[PDB]
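This file shows Aminopeptidase complexed with Bestatin.
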Amino acid sequence: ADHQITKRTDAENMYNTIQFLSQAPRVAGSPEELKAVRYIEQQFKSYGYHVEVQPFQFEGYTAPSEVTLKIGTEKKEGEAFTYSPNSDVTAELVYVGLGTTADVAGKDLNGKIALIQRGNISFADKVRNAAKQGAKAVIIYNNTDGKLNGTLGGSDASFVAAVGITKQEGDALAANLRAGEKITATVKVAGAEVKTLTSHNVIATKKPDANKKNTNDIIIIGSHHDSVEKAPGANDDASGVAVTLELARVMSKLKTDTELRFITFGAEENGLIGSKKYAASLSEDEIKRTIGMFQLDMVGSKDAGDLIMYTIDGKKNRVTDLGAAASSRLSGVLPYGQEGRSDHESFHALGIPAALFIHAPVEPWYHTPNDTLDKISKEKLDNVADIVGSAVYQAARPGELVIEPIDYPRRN
Ligand SMILES: CC(C)C[C@H](NC(=O)[C@@H](O)[C@@H](N)Cc1ccccc1)C(=O)O
Ligand SMILES: [Zn+2]
Ligand SMILES: [Zn+2]
Ligand SMILES: [Zn+2]
Ligand SMILES: [Zn+2]
Ligand SMILES: [Zn+2]
Ligand SMILES: [Zn+2]
């Protein structure tokens, strides 16, 4: 049965999809993402699919024009967290540890600037916990090398300007403060803006067309069509979109007894907003009938490692079972592990079996201007299309679903 898939997986088609999409970054809610939505819609239609476009709004963030951080007189390097309010305050710097509700409860942060170490809780809670105590600004320092780049999740007037700094420059201040030194700091954040944007999810569905063998099962195959600022997003995630489109094309040539929904989600980089919106559109019946959701994210880089399947809880499910089965016949052992960070999380949250298919360890180009077309491997795109497509087909082909017993290891 795999031959029905492997003989039709066109790597040139997939390469071409990535070439068109990665001509420029596709920031969620931007004209470029809209352009991608129209392109994807048109390709699905060309395969003969009926397509639906689900719109949704979300709070976008415009980075501040300038982030000025100063300890007394010396100027330090700091990057304002996304969704960070604006500020122009100069006051005493107070170390409050991890910024837990307790760490700040015993301290006097009224009108002062809090110094918080990254860890345990989310950056959002730290800023929130410190702001509730009267803190006018927050300085968070790294746990590892390199700048501290994070997000407060989304807009929230309960926040106060928050900027991150390295571990070295952070442990130093914390030490000086612990030693009893009285330090003053300046946190000026200007330019930052929050705006309401509109993104979209593209949904192409193939209804079962088998004889009396039709089931009421549903399988979802997804990827996200947006990319981060400044990143052409060839592999993250035009690659996933390319495989999603090609598999949709492949399946249109075959009879199926299982409803297939090929979807490209918007605003994934903003917090899986698109997939959360689509998941919220499903009825209780659709939820219980969805036997599996396959997420394709970063599946074409020549500079990434072997293919692996990630599940939210690190446990095996119907999707990893099918993925493992297909791979055992086509390429060998396909390991599984625990990881979220992608659209599969949105379906796992509803109890639907789900897994992320990705090449790990990931390439160094991830989220950089270097995530381009010349890093893409047609051979890997084709292999993923072969494995995921055969796994889906093992279920979608006419007849009853049978999954033979096979062992596949968990990899951390
Ligand atoms: C909650 C999400 C915004 C998480 C976010 N996800 C992404 O960027 C996706 O494009 C995925 N590429 C996340 C990812 C990266 C590397 C290995 C596994 C999973 C991320 O920061 O990784
Ligand atoms: Zn092929
Ligand atoms: Zn629209
Ligand atoms: Zn991604
Ligand atoms: Zn990403
Ligand atoms: Zn080769
Ligand atoms: Zn192949």
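Just so it is clear, chain A uses the PDB entry numbers, and the residues here are 5-416, in order. Counting starts at 1 for both ligands and their atoms, in listed order. As a basis for the values below, the full set of heavy atoms in this structure was taken, side chains included, without hydrogen atoms, waters or symmetry mates.
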* To do: Tell me where in the structure to find Bestatin, all copies included.
  => ligand 1
* For Bestatin (ligand 1), which residues in other chains have any heavy atom nearer than 4.0 Å? -> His228, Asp240, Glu272, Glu273, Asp301, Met302, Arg345, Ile362, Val366, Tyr370, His371
* Identity and distance of the protein heavy atom lying nearest atom 11 (C) of Bestatin (ligand 1) -> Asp301 OD2, 3.3 Å
* Backbone or side chain, does any N or O of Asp240 fall under 3.5 Å from an N or O of Bestatin (ligand 1)? -> yes
* To do: Provide, to 0.1 Å, the distance between atom 12 (N) of Bestatin (ligand 1) and the closest protein heavy atom, together with that atom's residue and name.
  => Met302 SD, 3.1 Å
* **Source of chain A according to the entry** => Aneurinibacillus sp.
* In terms of residue, atom name and distance, what is the protein heavy atom nearest to atom 8 (O) of Bestatin (ligand 1)? -> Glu273 OE1, 2.7 Å
* **Atoms of Bestatin (ligand 1), numbered as shown, that sit under 4.0 Å from any heavy atom of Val366** => 16 (C), 17 (C)
* For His228, take its heavy atoms, then give the atoms of Bestatin (ligand 1) lying under 4.0 Å from any of them. => 10 (O)
* **Residue, atom name and distance, where the atom is the protein heavy atom closest to atom 4 (C) of Bestatin (ligand 1)** => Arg345 O, 3.3 Å
* Quick one: look up the protein heavy atom nearest atom 18 (C) of Bestatin (ligand 1) and list residue, atom name and how far away it is. => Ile362 CD1, 3.6 Å
* To do: Within a distance under 4.0 Å of any heavy atom of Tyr370, pick out the atoms of Bestatin (ligand 1) and give their elements.
  => 7 (C), 8 (O), 12 (N), 13 (C), 15 (C), 20 (C), 21 (O), 22 (O)
* Going by the atom numbers of Bestatin (ligand 1), which of them fall below 4.0 Å from some non-hydrogen atom of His371? -> 8 (O)
* **Taking atom 9 (C) of Bestatin (ligand 1) as the reference point, the nearest protein heavy atom with its distance** => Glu272 OE2, 3.1 Å
Dump all N/O pairs between Bestatin (ligand 1) and the protein below 3.5 Å as a table: atom names plus distance, one pair per row.
unit_1              : atom_1 : unit_2 : atom_2 : d
Bestatin (ligand 1) : 6 (N)  : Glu272 : OE2    : 3.4
Bestatin (ligand 1) : 6 (N)  : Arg345 : O      : 2.7
Bestatin (ligand 1) : 8 (O)  : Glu273 : OE1    : 2.7
Bestatin (ligand 1) : 8 (O)  : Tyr370 : OH     : 3.3
Bestatin (ligand 1) : 8 (O)  : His371 : NE2    : 3.0
Bestatin (ligand 1) : 10 (O) : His228 : NE2    : 3.3
Bestatin (ligand 1) : 10 (O) : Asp240 : OD1    : 2.8
Bestatin (ligand 1) : 10 (O) : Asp240 : OD2    : 2.9
Bestatin (ligand 1) : 10 (O) : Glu272 : OE1    : 3.4
Bestatin (ligand 1) : 10 (O) : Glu273 : OE2    : 3.3
Bestatin (ligand 1) : 10 (O) : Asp301 : OD2    : 3.4
Bestatin (ligand 1) : 22 (O) : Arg345 : NE     : 2.9
Bestatin (ligand 1) : 22 (O) : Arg345 : NH2    : 3.1
Bestatin (ligand 1) : 22 (O) : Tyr370 : OH     : 2.8

